[PDB]
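Worksheet: the structure to be examined is printed underneath.
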Amino acid sequence: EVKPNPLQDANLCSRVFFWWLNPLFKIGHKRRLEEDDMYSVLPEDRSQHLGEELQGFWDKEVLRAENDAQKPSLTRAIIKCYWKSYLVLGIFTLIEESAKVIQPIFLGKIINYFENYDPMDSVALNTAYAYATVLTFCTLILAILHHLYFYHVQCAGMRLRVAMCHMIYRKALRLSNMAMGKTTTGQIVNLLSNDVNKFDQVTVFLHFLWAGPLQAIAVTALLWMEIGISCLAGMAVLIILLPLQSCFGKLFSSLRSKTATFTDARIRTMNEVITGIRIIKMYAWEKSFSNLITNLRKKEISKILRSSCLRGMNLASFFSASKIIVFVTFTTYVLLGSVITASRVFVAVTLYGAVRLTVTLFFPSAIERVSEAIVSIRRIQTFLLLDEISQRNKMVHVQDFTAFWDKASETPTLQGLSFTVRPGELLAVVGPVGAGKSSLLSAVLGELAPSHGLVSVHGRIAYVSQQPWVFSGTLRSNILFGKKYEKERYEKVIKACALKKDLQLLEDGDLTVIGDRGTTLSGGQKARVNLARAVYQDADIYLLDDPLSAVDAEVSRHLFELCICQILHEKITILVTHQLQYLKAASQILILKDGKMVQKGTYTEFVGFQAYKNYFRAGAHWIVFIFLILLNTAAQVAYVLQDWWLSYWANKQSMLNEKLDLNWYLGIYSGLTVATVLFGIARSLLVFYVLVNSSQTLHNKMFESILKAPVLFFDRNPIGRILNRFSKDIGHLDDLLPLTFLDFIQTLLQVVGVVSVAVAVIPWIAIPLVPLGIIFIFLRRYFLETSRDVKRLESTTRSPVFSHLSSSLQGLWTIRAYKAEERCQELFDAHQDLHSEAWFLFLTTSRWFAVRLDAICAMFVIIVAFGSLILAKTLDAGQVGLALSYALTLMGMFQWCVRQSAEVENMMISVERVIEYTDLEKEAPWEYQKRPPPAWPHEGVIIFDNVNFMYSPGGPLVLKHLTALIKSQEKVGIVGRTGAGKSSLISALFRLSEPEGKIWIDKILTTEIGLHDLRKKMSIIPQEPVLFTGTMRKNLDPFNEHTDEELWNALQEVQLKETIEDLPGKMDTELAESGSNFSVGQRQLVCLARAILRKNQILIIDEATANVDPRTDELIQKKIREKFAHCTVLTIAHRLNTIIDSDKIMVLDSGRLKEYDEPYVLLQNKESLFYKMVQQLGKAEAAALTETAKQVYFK
Ligand SMILES: CN(Cc1cnc2nc(N)nc(N)c2n1)c1ccc(C(=O)N[C@@H](CCC(=O)O)C(=O)O)cc1
C-alpha cells in the first residue's frame, strides 16, 4: 500500500498505549494535515473485503429463507458473521466491569486497616500494601486496557457500516427500472448518509445489554453482604431512576418536536426576508417583518426556555441522584438499628458510584441505540429486497415488440415494433414528442423488457442519453472509461468530436478534474463528452440519442457530417435527432406515432476570552454571574460536605465505645442532602435561564442588525451564507450550547471536588499534583491542534462517498449499458476506503488522548492510595475513606469533563459567527430628526444634480455626473443598452447606496431625510414581483391602514378581486409559499395594487411588465395611465411603444444622460441615439411610433 500503517506491526505494549500513533502528532503539530498524511486501513477493513463477506451471508440467508419459506432478515446475517468475533470483546468486557466492583471490595480492606491502625504492626502495613497494590491494578485495567477494548468495539461498527454501504451500492446499480420508480436518489443516499451511520453507535454499548444487567446484580449481591437489607432501599431508588429518565426523554423530546414548527416557520419566513431584502427595503416594510419574526421568536423561546428548564431538572438528577441513593440507604441503615462505620459505608458509597452509571447511562443508552439501529437494519432489509434487473443474455433484431414502463392500465409505450439492422446498416428513428422518445433505444438496451415480441443483440453496446452524464474523475478518465489511453484512437475521436480545441481552450485540457456533481463543464461540452465517451469505446453497437444537436451549428454538422456519416457509418448505429434533414444518411428510417410503429421506409419515401465574555455579558448583568458562582460552589460544597459528614459521623461513632443522637446526626445529614438537591436544581435552572436569555438577546440584537444592513451587504454575501447563521448558529445558541455548557460546568466542579477532598485530606498531594496539571495542559494543546484536522478530514472525505452514489444513480443506464458495473463499483471502494482512513484516525486519535489522560488520573488514584498508607500515622479511617471513595470516581468524570471542553470550545465558533453580525455596518437612521414637513412631497419635482453613484464605495461609477430636471406630474421614459444604466437610477433615488451630488424632491434634500421618510412617499413596481408568505391583506397592506372595501377596490381594478374573493379566506387567505398559487403576471397585478392603494405622487416602473403576457401588460399599461395620470411617473422600459408618449424620454448609456428631450424632438434629430434606437426597431413600426410620438406632442 502507498501509505503504510503502523498498526500492522506494533507490538502489544505499543497498541495498548497507542504508542504507534505518536508520529502522526509530530507531523500535525508542525503542519495542518492533508489527506496524503493519513494511514491506509488494515487489510481487514477494506470496503471490498467487508462487502464480499457479508454479501455471502446475506445471500445464504435469502437462500435459507426461501427453503424454509420464512421471511429473510438481515439482522440474522449481520449476526451470523460477527457473532464469531464480536463476542470475543465480550470476554474483555467482564474484566472491565469486574474492576468496577472489585475496587470497592479492596477499598473496604484498605480502610479497614486504618480502623485498626497499629503503628508498630509491620505485617498489617505490608498486608495493606497488598490490597493497595491490587487497587492500582484494578484501576489500571479500567483506565488503560479499557481503551484498547473500546477501540475494538468501535471498529466492529466501522467494519459493519462499510459492509452495509458496499451492499447498498452493489444493489443500487442493479435496481430494476420498476424499483427506480418507487425509490429516489434522496432515499438511497439517506441510507448511506443517515441510516447506516447508526451502525457506529449500536456496537459500542451493545455488550451492556447483558453486562450491565449482570453488573447490577453483582453490586446488589455485594452490598447485601456489606450493609444488609438497606441495600435494597438504595438499589430500588436507583432502579426507579430508569422510568423517570425515560419520562424525561419522552417529555423534552415532545417539546423539542413542538419547537421545530416555530423554528421551521421562523427560518422559512427569514428566508423570504433575505431573498427579497431589496424589495422589502424599497417599500419600507422593514418594520412589518421585524414584528413578524419577533412574534415567532417569542412563541419559540416560550418553548425552548420551557424545555431547557426541563433539561435542567434532568441534569440535576444526573448530579444529585447519587447523593439521594446514598442518603436513603444510610438513613435506612441507621433507622433499622445499626451504626455507621467508615469502611462499611465507603464501600457502599463507592458501589453505588459504580452501578449508577451502568443503570442510568450505559444500559438505557444501549437499549435506545439498539432500538433505533434495528430501525435502520429493517429499512435496509426493505431496500435489499427490491426487484432487480434480469440478466440480458454486430446484429440487432427486434420483432412484434410491445412493452410498458410499468404493468398498468395505460397503453403500451411501444406497440407493433419490429426491425433488423446488421453491419453496414444504419437505422434512424422518428417517433413520439414530449414523451419517452428514448423508449425504443432503452428497449434495445433492455432497460425496458418486452411484454410481447422479441429483441436480440449480439454485439458489445455503446449508448448515449439525452441527459449527459459524468462522474468523479478527470475528463480523460470519463472518456477512457476503463480502457487504455490509446492516443491515436483518442486523438481521432477527440478530433472527430470537435473536442480538442474547446477542451484545451475552456477546460485546460483532459487532465482537468471534473468538478463534483459535474459542476465544471458547460452543457454543450458535456453533451459532446457523452459522444466522445461513446465513440472511444470501440464497441460494435452505437445507440445514439440526440446529443442536444437541435441547435444549427458547425458542431451539430461536423459530429454528423464526419464522425457519424464517415467514421461511424459502418457501425450498428441507431440515431435520433431533431436535425431530421440528416435522415437521408440512413439506410432505413423507422417512423412511429404515439409509440406505434407506422412506417419503415427509406428517405426515398419522402475563539477566545473576548468571545466568551460577549456571550455571557449579553446574557445577564455581571452581578448575576457572581451569584451563579456561589450556586456552583454551594451545590458542590453541599455535595462534598454530605460525604464528609458521613465520614465525620463515623469518626464520632468510632470514638464511642453513651450513644450518638440520631435526631442530630440525621438532622444535619438530610439538610446537606436537601441542600445538594436544591442547589443542584437551582444551579441547573439558573444556568439555562442566563444562557437562553443570552440567545434571545443575541438574536434580537443580531436580526435588527440584518434589517439595517445596506443592500451592499446582501450583494456581498449569498443568501445561503446569511440564512445559515439564522438556521444553525442562532440554533446552537439555544438548542444545545446551554446544555453543553452546563454539562461541562457541572462536571468540572465534580473534578475540582475530587482533587479538593484529596488535597484537603492529604495535604502534600498538591505537590505532585502541580506536575499533573502542568502535564495535562501541555498535552491538551499538543493533541487538539492535530485532532482538529482529523475532525476536518473525516468530514471532507465523507461527501465524495455520497456524491459518487448520487452521480452514479443519476446515470444508471449509461453504466449498465457498457456492462461496466465493476468499474464504478471499484471506484466506490476507492472512495469508501478513503473515508475509513480518515475515520480510523478519528477513533485512534481520540483514544490516544484518552489513554494518556487516564494515565494522569490512574496515577492520581495511585498517589492517594499509597499516599494515604505512607502518611498513615496522621490520617484516620474516615478521611481516608472519603479521599479514596472520591478518587476512585475520577477516571470516569475526568474524561467526560475534557471531552466536553472540546465540544464547547468548538461550538463557541457559532457564538463568534453570530456576534460578527451583531455589529454589522448599518445604513443611516431610518428616521432623522429633520422629518419632511407635513407639506409632504406633493409636487413630485425630482432633481438630479451631478449625481455620481457607485454600488461599492470606491467601485466603478455606474452613473456619472447625472443631472436632470423632472417637472411635476411629468411622464418620463428611461431607455438604455443592456446593462447600461438599468435599475441603477432607482438605487440612487431610494438611496440604497449613498449618492454623491444632490437629489431634491420638492427641493427637499433626499440625503437629509430618513429612509422611511423617503421610501414610504415614493413607490416602485419592481422588476420581479414578490408575494410574501402571508395573507392577501398583508401582501397589500401589512400596516392595515386601508379598509378591505378599499382593498376590494384595488383588487377590482387589477381584476384579481373575484379570483381572490373566490379564495376560501378572501382577503385573509394565506398564500402558498411565495404565492405559487398566482402566476407571475398576477403577482405584478398585485404590485400595481400596492401603488394604487398608497396613491403616491411618484411612481416608478422597473421594466417589470416585459415578463408579462400582452393582455395583462395592456391592462397594466392601461390602468397606470388612468390611475397615476396626476403623478410623476418614471418608466424604465425596453419596448419603446410603452413610452413613446412619455412627455420626455431619458436615454442613458455608459452611465451618462445621452438624450433628454421630448421624444419626437429627439426623433426630429435623426442623428440622435433615440432616433437610431427607433430605427433599430428594424420595421415600419418605427414610423408608427414616430407618427404616434408626433401626434402626442403636436397636440
Ligand atoms: C458522570 N458523568 C456525567 C453524566 C452525564 N450524563 C448522564 N446521563 C445519564 N443518563 N446518567 C448519568 N449518570 C450521566 N452522568 C459521566 C460519566 C461518564 C461518562 C462517560 O464516561 N461516557 C462515555 C462512556 C465510555 C467511556 O469513555 O468509558 C461515552 O460514551 O462518552 C459520561 C458522563
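Position 1 is the first residue of the sequence; numbering continues from there. Just so you know, ligand 1 is whichever comes first in the structure, and atom 1 is the first atom listed for that ligand. According to its header, this structure was worked out by electron microscopy, 3.6 Å.
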Most-contacted chain for ligand 1, named by the PDB entry: ATP-binding cassette sub-family C member 4
PDB drug name, ligand 1: methotrexate
Heavy-atom contacts under 4.0 Å from methotrexate: UniProt TM segments of chain A: 2, 3, 6, 13
UniProt domain, chain A, most residues near methotrexate: ABC transmembrane type-1 1
Organism for chain A, per entry: Homo sapiens
